[PDB]
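Numbered from 1 within each chain, the chains take letters A, B, ... in sequence-line order. As the structure lists them, so they are numbered: ligands from 1, and atoms in each ligand from 1.
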There are 2 protein chains.
Amino acid sequence: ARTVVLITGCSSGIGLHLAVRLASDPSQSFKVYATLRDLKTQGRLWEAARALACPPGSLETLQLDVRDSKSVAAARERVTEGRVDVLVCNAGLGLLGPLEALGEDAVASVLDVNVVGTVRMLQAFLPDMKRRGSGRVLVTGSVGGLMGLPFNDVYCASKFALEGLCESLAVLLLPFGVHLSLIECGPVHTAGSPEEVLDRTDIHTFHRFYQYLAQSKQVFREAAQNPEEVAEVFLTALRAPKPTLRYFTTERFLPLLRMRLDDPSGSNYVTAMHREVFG
Amino acid sequence: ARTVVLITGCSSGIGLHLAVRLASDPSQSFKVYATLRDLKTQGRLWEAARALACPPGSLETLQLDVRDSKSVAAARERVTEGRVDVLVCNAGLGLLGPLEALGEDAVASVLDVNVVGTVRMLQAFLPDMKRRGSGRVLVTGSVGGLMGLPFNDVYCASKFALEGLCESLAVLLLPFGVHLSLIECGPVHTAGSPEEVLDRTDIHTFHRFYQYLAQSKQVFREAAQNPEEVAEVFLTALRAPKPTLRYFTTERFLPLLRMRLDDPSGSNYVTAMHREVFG
Ligand SMILES: C[C@]12CC[C@@H]3c4ccc(O)cc4CC[C@H]3[C@@H]1CC[C@@H]2O
Ligand SMILES: C[C@]12CC[C@@H]3c4ccc(O)cc4CC[C@H]3[C@@H]1CC[C@@H]2O
């Protein structure tokens, strides 16, 4: 059909739910280009697709390695309909642990994909949307991209980066009638070694790691959302006459987010979050 | 003397002012390791140093390429006093223009240095400060790291990244008695081609570029601060019994920063800043 969509990172989590959520819309108004990094993972996508009976030729597989400029280029050209009416920037990675234990090569990887990779999609897909004078860009945000979480230093870094990349472009894009919004997600219902962590860290840091790993499992269980609810914000947003900049899947997180805003110097939030995690 | 300091990026701007501001303190309590990327730029540093008569052996030159792990390693070892009582993470780069015109290789460069490079310093210097149970980390922040500025997409991205890297580490570091604060700077009094920009962009984007280049020159002239005032926040902060997370060199920027906090969805700030720059 019509709305030509190109989603990134669809081999699990939200991206996958998303493609199928759209591919199979009752109105049959979306064509979908679910992009996988590693093609030999199209399995799940297709299974779930077959389960909802998405009409044939409404979902398509494309491989796309965001850490590489040519792939982004190639992917762009396979969009036969010749436009990408809605672009959903979703590839993202994560990283847990005491900074000192994280390997350089890992940190590099996390920003290349999360940050740089996002920009590369934007580069290739912005122009024609400026050209045509219309289109929609959707970026998967997170609560970690609005406030720092102990032991997630680099993921948060990488999640704030997109917050800044997307708020700047907002201002400029305004008059072009090209839209960009971020979907502020939280825990969604989606699934290092102590020898190695401990090896590379001071035991007191390690005691706190453990302590934190213990606190998030709790938080997950009670705050975590049904993937089908997270994906529904996406469509709520790609259907607003004039969408906002941020869409928040949950509101649970607004209170800590507010008291972070009242005291810019930070000692309030740093303190509340500190005990909120430890004691 | 005593407080062993290691500043990064001291060949101009704030870092340079900083080293000399400290090297030459009347109390003679700081030893300084001004780090240059490119050593054949030690000139200015030394000139200004000679001008304030910093006592000999209170300032030292070290070369340090933040995009490289060994250099950081080597630099660490030349700190003969065997400790880095205060670490001032200051190397940073910038980037102006419509995203679509920015070359990949440039974007990579901006995050490797600003973000990754910061982390690499932290990696090497965090541990022993955790070990000793004391020390101070100072990071040069910016107003662009708290709100997006049109045409500065990637710099802002890269400046929010450190905001998130530093707020996360804050929480964890709390009990170790190791301190970390960011110096939220703005315009400080420190000094692409239209063929090429225009080549790679739609003329309407270009008209807006120009328009913006025109608005910031104005803003600079009236908001810009004497470098000696910016550097004085640094020492105000490395002397607080228990410092806060953020130190703001100016307050001019708080009003826009506040109305950004009241409406999380963003349409308020995006809008105000939009006209604030264009019309
Ligand atoms: C950021 C997440 C939501 C917020 C979570 C939170 C929220 C509050 C809190 O006190 C602790 C944590 C720990 C784990 C966090 C999560 C890990 C990933 C998820 O997106
Ligand atoms: C972010 C800076 C301070 C805030 C400035 C500003 C602040 C307000 C505004 O309406 C426009 C601009 C444009 C240039 C900006 C500056 C460029 C670098 C400087 O640090």
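Tallying contacts with ligand 2, the largest count belongs to the chain named in UniProt as 17-beta-hydroxysteroid dehydrogenase type 1. According to the PDB, the drug located at ligand 2 is estradiol. Other chains contributing a heavy atom less than 4.0 Å from an atom of estradiol (ligand 2): B.
Among residues UniProt marks as active site in chain B, the one closest to estradiol (ligand 2), with its least heavy-atom distance rounded to 1 Å, is B:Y155, 5 Å. For chain B, the PDB entry reports the organism Homo sapiens.
Applying a cut-off of 4.0 Å to heavy atoms, one finds the binding site of estradiol (ligand 2) to be B:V143, B:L149, B:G186, B:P187, B:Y212, B:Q215, B:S216, B:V219, B:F253, B:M273, B:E276.
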